[PDB]
Undergrad: 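Quick one: structure with volasertib.
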Number of protein chains: 2
Amino acid sequence: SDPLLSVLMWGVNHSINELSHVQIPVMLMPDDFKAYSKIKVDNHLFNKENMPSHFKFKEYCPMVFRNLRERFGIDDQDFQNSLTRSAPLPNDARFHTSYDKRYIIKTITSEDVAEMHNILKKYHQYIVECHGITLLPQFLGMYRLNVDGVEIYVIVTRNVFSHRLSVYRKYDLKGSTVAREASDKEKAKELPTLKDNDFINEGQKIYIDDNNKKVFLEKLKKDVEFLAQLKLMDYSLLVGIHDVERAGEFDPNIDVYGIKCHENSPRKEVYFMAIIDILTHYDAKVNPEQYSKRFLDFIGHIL
Amino acid sequence: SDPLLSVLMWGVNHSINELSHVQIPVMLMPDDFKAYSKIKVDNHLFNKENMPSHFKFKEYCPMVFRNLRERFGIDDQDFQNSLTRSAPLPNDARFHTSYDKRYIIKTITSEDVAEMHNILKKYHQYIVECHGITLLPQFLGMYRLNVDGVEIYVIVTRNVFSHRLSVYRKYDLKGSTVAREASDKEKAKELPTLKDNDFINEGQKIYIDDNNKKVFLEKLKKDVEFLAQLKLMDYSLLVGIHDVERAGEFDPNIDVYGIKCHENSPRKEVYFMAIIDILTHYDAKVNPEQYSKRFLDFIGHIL
Ligand SMILES: CC[C@@H]1C(=O)N(C)c2cnc(Nc3ccc(C(=O)N[C@H]4CC[C@@H](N5CCN(CC6CC6)CC5)CC4)cc3OC)nc2N1C(C)C
Ligand SMILES: CC[C@@H]1C(=O)N(C)c2cnc(Nc3ccc(C(=O)N[C@H]4CC[C@@H](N5CCN(CC6CC6)CC5)CC4)cc3OC)nc2N1C(C)C
């Protein structure tokens, strides 16, 4: 097994257990956005079967993230179970998904962590204002893991895709001026990741009613403008299509990004659409304000 | 509340939780007697209501002590509950007792801890040999607590007295040549601690049948000789009398040191008798081999 994974599981278990003893108030204080809990474990000639002997686990702003979970309709006991009852599964930036497919666990940089801290309060207030109804990533936990030498940072989000319904096609859309296209090595996977021109070449249509579309684009408008005002760019719309005829009703309380196709759709389809990859990443590298309108226009045209 | 007490409770809770994930083998390995687990917690602007912000908890030889609990008929979940569901109560060396009166928690020195480590394996093997039937202290856990500056060591033992039945009179007997007597300041308490000459002056009798006496003294003989061979001295026989007429059947599976009075006893009495205070303590200060026979003779005469 992966020792970083077992520290993550141990840590989330420890985190949620600790919070079960902490009183939940309705409001956050400015200090909650600067808070953390740190635990350092040293086992000498003990418990080698389960845990590395020397590890650290640090949770950033535990009260804020608990408040976010609640606002996103997520119970702490359930969150704990999803992350701990069985190991998260790998995919290959690399990521894991909880065994029940409800949550995504992504390894991030210390720079991403700094950026998340920078936006956390404004992010929180935005979620308050929209009552948790948003196409933004739903940030549920943020941690630092140390296992004798190696140090990693992780963030946990709600899965954009369904926890039951399988996805047969997936798009990552930015709407950029610079040409975007998938590679053939990716094509060879069971579920590849297609891009802008794949969509605007294979004549992909999304069959949703005018009401669903209006609601979606209203939501997208606000989300994107919030991202713009934080000077964030290079995020994508993730789009996943579930084909009912191959594998089809979903729970909107769990698969919160799902939209049914309208009645005249050529095939029985369910769409899963959300914004992803919102943090900067100074390892990769035209302005944020331009990026947003450009992103908003493209999604307008394709839908 | 007492922050050292809440670290103890947190630590025992954490300890038992961790062990619930560790496989129980039938046997201990030599390394289990050198093992420990260390956890250091640092909370910044978080969880001030329950815990100090900076503390450490260290458990010595967790596998050995788990094995001892099992051998003493104690379930880990029950032990955990007894120590954590409500705070232990103070008494004033000073000690606490678990809320349900099942366990004693005593603060000890780093010297006592060194001595316990020194005897732990031999102690364990002795308990194996007698199948847990002994008048020795039943050692159940040993810990180190740190709360920002202060460092303390604690050991947990089974209560010599009953967890239901009240005790109206208590003796601490060593059988020493040097005169031993209680003080008047102690007398003024609801339940004082009387000594050798109080017994051998107030004409105290213990009314148990010849079978119970023989069994007791056989047990005492072996226990004391084991203590002698470890070069330990200055331990006492603790004696507590429960008066049924004032407050009377006990569970021998819980109140393991209880002995009913015989049928011709002037009053309905239950006795609780065990050895206590077996470690050296180099702060207090004629040889161990002499001490034992001298202790064994006195208990022979008074019973
Ligand atoms: C965290 C950052 C960001 C973000 O901000 N949010 C909010 C977010 C939210 N949700 C997701 N979900 C997924 C994104 C992408 C995929 C995918 O294409 N995965 C492929 C690779 C592995 C492939 N494997 C799976 C097991 N298969 C074995 C089968 C036989 C049993 C064999 C084939 C399946 C297809 C799947 C997702 O769900 C599992 N991603 C997010 N991102 C992503 C950029 C990582
Ligand atoms: C750990 C070291 C060693 C050892 O090795 N083993 C194995 C061991 C095992 N068991 C005990 N038990 C007790 C020893 C002694 C006493 C006592 O005289 N206590 C007095 C002081 C407090 C008094 N308070 C109680 C609350 N009261 C309030 C009432 C109104 C509600 C008011 C009066 C009650 C009488 C009580 C014990 O049980 C609670 N002691 C041990 N020792 C002792 C030397 C500490």
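Each sequence line gets a chain letter, starting at A and going down the list. Using the numbering of the PDB entry, the residues shown for chain A are 34-125, 132-286, 330-367, 388-405, in order. Numbers in chain B come straight from the PDB entry, and the residues shown are 34-125, 132-286, 330-367, 388-405, in order. All values below were derived from every heavy atom in this structure, side-chain atoms included, with hydrogens, water molecules and symmetry-related copies excluded. Read the numbers this way: they start at 1 and go in the same order the structure lists the ligands and their atoms. Structure method, as recorded: X-ray crystallography, 2.3 Å.
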Undergrad: List the chief contact partner of volasertib (ligand 2) in this entry, with the name from the PDB entry.
TA: Phosphatidylinositol 5-phosphate 4-kinase type-2 alpha
Undergrad: Mind listing the other chains that have a non-hydrogen atom under 4.0 Å from volasertib (ligand 2)?
TA: B
Undergrad: Counting residues of chain B that contact volasertib (ligand 2), which UniProt domain comes out on top?
TA: pipk
Undergrad: Does volasertib (ligand 2) have a heavy atom under 4.0 Å from the side chain of B:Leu122, from its backbone, from both, or from neither?
TA: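 No part of B:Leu122 is near volasertib (ligand 2) at this cut-off.
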Undergrad: Considering the heavy atoms of B:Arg197, write down every atom of volasertib (ligand 2) situated less than 4.0 Å from one of them.
TA: 9 (C)
Undergrad: Test of understanding: given a 4.0 Å heavy-atom threshold, classify the contact between B:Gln177 and volasertib (ligand 2) as side chain, backbone, both, or neither.
TA: neither
Undergrad: Where the closest heavy atom to atom 13 (C) of volasertib (ligand 2) is concerned, which of B:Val199, B:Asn198, B:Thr232 has it?
TA: B:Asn198
Undergrad: Counting only heavy atoms closer than 4.0 Å, does volasertib (ligand 2) sit against the backbone of B:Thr196, its side chain, both, or neither?
TA: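 It is the side chain that gets close, since no backbone atom is under 4.0 Å.
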Undergrad: Have a look at B:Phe178, B:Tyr142, B:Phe200 and point out the one with the heavy atom closest to atom 36 (C) of volasertib (ligand 2).
TA: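 When every heavy atom of B:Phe178, B:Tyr142, B:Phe200 is considered, B:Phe200 comes closest to atom 36 (C) of volasertib (ligand 2).
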